[PDB]
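This file shows NADH dehydrogenase [ubiquinone] iron-sulfur protein 2, mitochondrial complexed with metformin.
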Amino acid sequence: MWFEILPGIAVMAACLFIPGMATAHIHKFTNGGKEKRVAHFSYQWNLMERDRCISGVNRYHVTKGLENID
Amino acid sequence: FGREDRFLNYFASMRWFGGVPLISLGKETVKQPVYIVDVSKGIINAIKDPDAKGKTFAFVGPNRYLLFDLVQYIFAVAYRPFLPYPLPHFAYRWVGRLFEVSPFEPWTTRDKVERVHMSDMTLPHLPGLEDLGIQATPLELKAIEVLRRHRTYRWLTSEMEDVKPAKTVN
Amino acid sequence: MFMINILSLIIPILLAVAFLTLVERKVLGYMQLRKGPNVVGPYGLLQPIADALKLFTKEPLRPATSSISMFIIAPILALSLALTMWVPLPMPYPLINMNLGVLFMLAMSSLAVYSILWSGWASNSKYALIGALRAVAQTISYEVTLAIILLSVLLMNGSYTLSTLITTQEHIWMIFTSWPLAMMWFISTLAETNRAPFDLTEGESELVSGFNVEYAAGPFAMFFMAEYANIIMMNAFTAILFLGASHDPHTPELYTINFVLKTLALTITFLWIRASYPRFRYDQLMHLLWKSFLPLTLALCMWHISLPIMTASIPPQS
Amino acid sequence: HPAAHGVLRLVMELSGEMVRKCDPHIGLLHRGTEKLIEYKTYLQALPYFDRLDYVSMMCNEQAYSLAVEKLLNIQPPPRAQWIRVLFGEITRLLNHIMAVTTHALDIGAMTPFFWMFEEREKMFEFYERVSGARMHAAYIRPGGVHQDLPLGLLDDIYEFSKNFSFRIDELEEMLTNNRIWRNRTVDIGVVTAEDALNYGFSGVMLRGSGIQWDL
Amino acid sequence: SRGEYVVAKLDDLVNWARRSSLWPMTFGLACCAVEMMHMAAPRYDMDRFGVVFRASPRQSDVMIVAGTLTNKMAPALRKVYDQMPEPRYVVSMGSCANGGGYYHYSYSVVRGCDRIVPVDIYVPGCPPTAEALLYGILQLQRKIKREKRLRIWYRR
Amino acid sequence: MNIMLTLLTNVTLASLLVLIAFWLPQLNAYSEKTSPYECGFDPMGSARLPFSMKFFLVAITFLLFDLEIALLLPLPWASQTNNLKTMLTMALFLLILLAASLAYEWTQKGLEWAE
Amino acid sequence: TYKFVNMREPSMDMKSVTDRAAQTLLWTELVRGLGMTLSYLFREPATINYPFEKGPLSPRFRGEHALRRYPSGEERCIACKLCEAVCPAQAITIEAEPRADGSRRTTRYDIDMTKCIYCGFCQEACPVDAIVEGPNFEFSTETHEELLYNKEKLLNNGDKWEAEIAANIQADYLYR
Amino acid sequence: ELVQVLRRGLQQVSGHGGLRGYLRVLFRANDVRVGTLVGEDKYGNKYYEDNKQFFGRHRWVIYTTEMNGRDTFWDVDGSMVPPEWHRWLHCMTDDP
Ligand SMILES: COC1=C(OC)C(=O)C(C/C=C(\C)CC/C=C(\C)CC/C=C(\C)CC/C=C(\C)CC/C=C(\C)CC/C=C(\C)CC/C=C(\C)CC/C=C(/C)CC/C=C(\C)CCC=C(C)C)=C(C)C1=O
Ligand SMILES: CCCCCCCCCCCCCCCCCC(=O)OC[C@H](COP(=O)([O-])OCC[N+](C)(C)C)OC(=O)CCCCCCCCCCCCCCCCC
Ligand SMILES: CCCCCCCCCCCCCCCCCC(=O)OC[C@H](COP(=O)([O-])OCC[N+](C)(C)C)OC(=O)CCCCCCCCCCCCCCCCC
Ligand SMILES: CCCCCCCCCCCCCCCCCC(=O)OC[C@H](COP(=O)([O-])OCC[N+](C)(C)C)OC(=O)CCCCCCCCCCCCCCCCC
Ligand SMILES: CCCCCCCCCCCCCCCCCC(=O)OC[C@H](COP(=O)([O-])OCC[N+](C)(C)C)OC(=O)CCCCCCCCCCCCCCCCC
Ligand SMILES: CCCCCCCCCCCCCCCCC[C@@H](O)O[C@H](CO[C@H](O)CCCCCCCCCCCCCCC)COP(=O)(O)OCC[N+](C)(C)C
Ligand SMILES: CCCCCCCCCCCCCCCCC[C@@H](O)O[C@H](CO[C@H](O)CCCCCCCCCCCCCCC)COP(=O)(O)OCC[N+](C)(C)C
Ligand SMILES: CCCCCCCC/C=C/CCCCCCCC(=O)OC[C@H](COP(=O)(O)OCCN)OC(=O)CCCCCCC/C=C/CCCCCCCC
Ligand SMILES: CCCCCCCC/C=C\CCCCCCCC(=O)O[C@H](COC(=O)CCCCCCC/C=C/CCCCCCCC)COP(=O)(O)OCCN
Ligand SMILES: CN(C)C(=N)NC(=N)N
Ligand code: SF4
Ligand code: SF4
Ligand code: SF4
């Protein structure tokens, strides 16, 4: 009957899950467990560069705060 | 030589490797190829001939060609740019050894190179196609059957008489 | 790690294309009272694998009259652009985050047109030429209408960024905002992907397999893969553009599940339409877009320019 | 060619996609049926008429039988005549299903083909039950019919005929008022009544042109 | 041996795909092509087995010669057969393709398509039922299953 | 950089597929197999002969309208201006002139294919 | 009598004009066709599971040929050549002579199954029910020569299929 | 109800004698229906009937895994049925 179409749709859906979930996981992996920084403008890019400079490890996602100012 | 042969297809498929490597530039090799239909007709007539029981025949073509002239004519009929260059025998043997490591059907082999360089023997004592009743077909009449497949679309429709026959050595 | 991400975007798409072929065969079979493939594997699950292996182990031939260089380039261009169209799609995070993600889609589609033209011309056959010129006319009509519709809907958005599309559709659906443009967009995507009733470049009834009549074995399979990847990609773009899913930044799998479900619904609707309707005539396709869609499209473009101004709802630029 | 019915070679002159002339080349399925019929007897020539129009087989058989009976000066019995008319109408249903669905397939629709071909399969079962052959029955013969109906055939034909109007309705739901079907079929191949009569058309060609004629 | 085992498994894989994805060319000549339509029909769905009609000979694996082959058609049949790329198979359906048929002693008919093309399966009948043609297709699949191209090559 | 790498990956995968397709299978080529396809008979003419285009005018109009839409594309950013009245007037002016072009061609029968 | 298939004119009231305009702008009949196809999707398929399920057949079906015997084992065929005479396709070849016991029996009985048109005239013309067209239809071969049956092959077919052949003839002999 | 459909599916799973039998019938017959056993021939073929199914699908055969001298686990022909069951399966009679 018509429900024999479902396993093929299930396989196709499982295949379409992989790209988005993989991109999310790789974004969190290479950005310290946080969302990848969106830099659509020069201001955002300069913020990222300053974050890289202040981190001391040449990585913008390593965030520093009050424990670093004093 | 015929549609599915090695001879004309072996010489006409060398266009992929740039130029045409010839030993002594193909000036020391004389060949008289024979046509496949003549060979098969002679084989059939030898079965039907009652006085060919324990004999030896030589199936040869009407015209003898130098290898350089023959290959130049092959390339002229195929309408391919013919750029022959000399290749010393040891280097050609090395190249043939390179191609015979193929698990599949090799493109060329050392024995193939030796056979290509070798001139065809003349055996006037042995009978032949005329003795079996066959008039040998010249290469100039059947070469376009084989070599038209190797032409490009620009030259596919060119007729048989558009290429002057090669010089023979008779 | 970015190469790993590229592979994670490419390989699942090709697998989805194969099983889309299986799903289309079975859906059409059940709509035609048949069953479709159910013998090769469990419920015919190994059918795409069998077909792919057969096609890539069969002999490909170059016609004696063909122009070999563009005979080979055309499937390469088709499949490469089919795989490239997926890189700016947010699911919910794009592989490549572009400021102008929509114009990139338009440009790459317009480029992917030329694979059909060059494969038809390089084949050097009359049926291939007829299919190529049908492609020319089809692209004329759908291209102008598609550009205007996209302009209007993205004018309701504020920019050409698809993540901004998600943010825009946070609360309701662009299909609730602009359903007429949604209908015309769906029809235009059918015409763009060469799906029935607009499968005129490869029209079996009139032309024997249309533009890829001279293609065999692997190079034919590349065109098939490219066409089905384009179908899925256009449905994914439509789902992102009009059926906006809710996004939770801490659990992005929910958006991915919603996006996949909406994409599958639209793709199955494509298959449904193919089962249901006859085929157009390409002159009637040209007259449909220009004489019916283009006037309404221009009027709706004017309406959607004026509406944000007259109601003080102009979207933010970023 | 899918739209050439297998053995038609249409040599067309096209200006672009506009047809300048159609030059049908037939004879690719010419066998010599008339010469062979000359060499056969009257019973041996009946399957030849089965295989001429292989979609209206009992109809071709009936035409041949009527001709031979007219020359013989005999008369089939009433039950034979009613069986002939019944199976001629069953054959007309088979042929019209084939014609409409193949026409729609050439246009671009295929599901009506599949549905109505399931119906064709049931009518083939009727053919096979009376004759033993699914299509080339050789059942209607000069002098009547070969054998009598089995003892459930009329009930089964009644069931089929009872459930067939719904199939025609479903076929019409996909084509009759469909705007794509109307764009493809309306004002295409218009033939005037005088032209039809002079060219020698018969049947639905005349009746579409508006001529009130039916044999 | 290891290589013998590997080539056996490889050609099993290659034969499985070819037998499980059969693409007949849409090529019908006469009344036998109606039974082919009924094999395509819902009752004996051929697409269920992996058998799909394609219009272009370049994208076809099987030629089902279904109908009477005439002298005016034999060149066209040979031409499309040649334009089919290899591996390619032929199923001759019905009496008219198997031999002459009802038209054997005729000036205009070729007595069997096997005078023109190499035929792999012969399906008898006038016309063979859709089940008979399906049996012939399955017999063709079983014949493909016994091919050992890589096994011959390894021992070659 | 990332987009260049993505394009390179896609092109390389497609080229590898073509290479596998043309080198894995057994090949047998002869003049009859590689002949052009025209339904079983030989082509009378050549496929390189001129092929009349019945919609030559619609193609030129397509060029012009394509550049009209190129003009229209920067509208989403134009909506952020302070001169909203001027922006709206000019946008509607362009769209009305496009509509006028369509109306003129439609009434003058430019949309009808040549016979 | 006759009827017109397309001779009606639409009503021009404002309601009807608006309904037609809605059908034009909102694709009502197209959605109706979609609904019909969806209904078929949720119906049950008509496909049988060949080769484990077979289509219906009748006692009158004409399949592979067979030569029958009397219950004693004696052949029914008396070499009368009526089947050879009536065969439309000239597919039967028969040669006979007196047997060692003086019986009128065949020495050659060939049927070219590639020439046969499976019309069943031979079993109508047989006065002793010797040649029959049995129920077997799955006998496709791999070579042409295997389809040129002879007397040994046809007698083997009769011996293999005799039970079913007898049952079918019993079921259908009162209609003959 | 979906529950009834799932329960009938589970009954089909348990009707073939465990998961292995269900998978075997699924892979060598492409169907997992259960019907009453009408009989079995000397070659191992089993014959099943279900009058609730529509005509054509109300009788079926599960072919043996070894007939004569051929291993028929996968390669199963339609000609493996002896003539009496051939007649019954093709419905030339109602009596097994
Ligand atoms: C001539 O007269 C006649 C007629 O008149 C014309 C007739 O009408 C008829 C009657 C016939 C009809 C009426 C037929 C009409 C029917 C229709 C029109 C509808 C029927 C349906 C169709 C025609 C549809 C046809 C569709 C086809 C054929 C598609 C099949 C093709 C394919 C499947 C090939 C393309 C797919 C490919 C190539 C898949 C490729 C996938 C990949 C490469 C993905 C893999 C990628 C990788 C990188 C691999 C690695 C992956 C890994 C490693 C992941 C694994 C990891 C894990 C963890 C698992 C008859 C008989 C006739 O006679
Ligand atoms: C061009 C691409 C470069 C990048 C490649 C990146 C990786 C590609 C991965 C996909 C591989 C696709 C192939 C799959 C099939 C595997 C078998 C295969 O490849 O067979 C190939 C061919 C097969 O020959 P074939 O043509 O008989 O193969 C037909 C296919 N079979 C038989 C398998 C069905 O194998 C060989 O050629 C190997 C034998 C030795 C040949 C020696 C050649 C020497 C070099 C060539 C030039 C020599 C002259 C130079 C002149 C100038 C010198 C200065
Ligand atoms: C290492 C790789 C080596 C090979 C590279 C091959 C490249 C070939 C194409 C060259 C032109 C495109 C790349 C230009 C350089 C990078 C530009 C860049 O930085 O873009 C960032 C921008 C970023 O997008 P953006 O618009 O959002 O940028 C603003 C936002 N910031 C600044 C924050 C990024 O990318 C794009 O806009 C994407 C545009 C892609 C345009 C491609 C045009 C050519 C298409 C050719 C298709 C060929 C198909 C295959 C054919 C095969 C036939 C056999
Ligand atoms: C002339 C008629 C015009 C009709 C215009 C509307 C056409 C709608 C076509 C929908 C096609 C859907 C295809 C994909 C199906 C996916 C199913 C799925 O996952 O659903 C779960 C999804 C849930 O996943 P979700 O997260 O994507 O949904 C909410 C999405 N946000 C909030 C981000 C916008 O949808 C729902 O459960 C709710 C759907 C509606 C959401 C919008 C707000 C409510 C609007 C209510 C008023 C509606 C008035 C009109 C109603 C009558 C119209 C005739
Ligand atoms: C799905 C999309 C991607 C597809 C990728 C490839 C899918 C298929 C993978 C399995 C292929 C198995 C081998 C089939 C080869 C063709 C058969 C053939 O031509 O036989 C006739 C020929 C017969 O040769 P012969 O010498 O007997 O014949 C002489 C010529 N005639 C016929 C005229 C007498 O077979 C061969 O030549 C055998 C060559 C070696 C076969 C094995 C080598 C390939 C191994 C593949 C392993 C996978 C990795 C590499 C491949 C690419 C993928 C990464
Ligand atoms: C979110 C989770 C990730 C999802 C990823 C989705 C990926 C889906 C991949 C496809 C899954 C469905 C296909 C497999 C279903 C059928 C498997 C099984 O049922 O088939 C059996 C056969 O198993 C198959 O070999 C399984 C193949 C699985 C690999 C192919 C799927 C991926 C395609 C590309 C693979 C490329 C890498 C190659 C890996 C080998 C047949 O049973 P049987 O009748 O008893 O065979 C007996 C024959 N013998 C005796 C000779 C052996
Ligand atoms: C799309 C991307 C693909 C990329 C390439 C990767 C390929 C992935 C591998 C796919 C494997 C598919 C396996 C197919 C399983 C066969 C199913 C089973 O039924 O086959 C049986 C056995 O088939 C063959 O004996 C074996 C075919 C499969 C085994 C191939 C070899 C093993 C595959 C692994 C690759 C080889 C590498 C080995 C080491 C080099 C015969 O059954 P069959 O008669 O048809 O069914 C008829 C239908 N009935 C039952 C209803 C009547
Ligand atoms: C803006 C147009 C004026 C520009 C004039 C330029 C010089 C003249 C060259 C022609 C260009 C314009 C041609 C457009 C009209 C020509 C077509 C025509 O004759 O008919 C128009 C046709 C009428 O149909 P029929 O003639 O009856 O044919 C049907 C028969 N069954 O339809 C029309 O009227 C369409 C006319 C253009 C549509 C847009 C109308 C514009 C109204 C908005 C005001 C524009 C003001 C511009 C400032 C905008 C500020 C927001
Ligand atoms: C408060 C003021 C608001 C102002 C806005 C008012 C707008 C709302 C009312 C107007 C909306 C009209 C809808 C616009 C779309 C109409 C398209 C059209 O022109 O209709 C058809 C054209 O459209 C078609 O014919 C469709 C053909 C292709 C159909 C095949 C697929 C369609 C079936 C699938 C349904 C699609 C569902 C869309 C879902 C979208 C999901 C994102 C007319 O063409 P013809 O009948 O041939 O006659 C014209 C010349 N005499
Ligand atoms: C080949 N035959 C018999 C057809 N009916 N063909 C068709 N394309 N409709
Ligand atoms: S074998 Fe019989 S049914 Fe088939 S084409 Fe010939 S006459 Fe027609
Ligand atoms: S069935 Fe007809 S064609 Fe066949 S042998 Fe009997 S009489 Fe001859
Ligand atoms: S009609 Fe019967 S008895 Fe007479 S020759 Fe033929 S098979 Fe024998």
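Chain A is the first sequence line, chain B the second, and so forth, proteins listed ahead of strands; every chain is numbered from 1. When reading the values below, keep in mind they use all heavy atoms of this one structure, side chains included, and skip hydrogens, waters and symmetry mates. The deposited model was determined using electron microscopy, 2.9 Å. Note that ligands are numbered from 1 as they come in the structure, with each ligand's atoms numbered from 1 the same way. Cropped entry; intra-crop contacts only.
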Which parts of the structure correspond to metformin, copies included? ligand 10
Using a heavy-atom cut-off of 4.0 Å, list the other chains contacting metformin (ligand 10). D, E
Which residues make up the contact shell of metformin (ligand 10) at 4.0 Å, heavy atoms only? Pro2(D), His5(D), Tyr54(D), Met98(D), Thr102(D), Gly28(E), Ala30(E), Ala33(E), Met37(E)
Metformin (ligand 10) - covalent bond target: none
Any idea what name the entry gives to chain E? NADH dehydrogenase [ubiquinone] iron-sulfur protein 7, mitochondrial
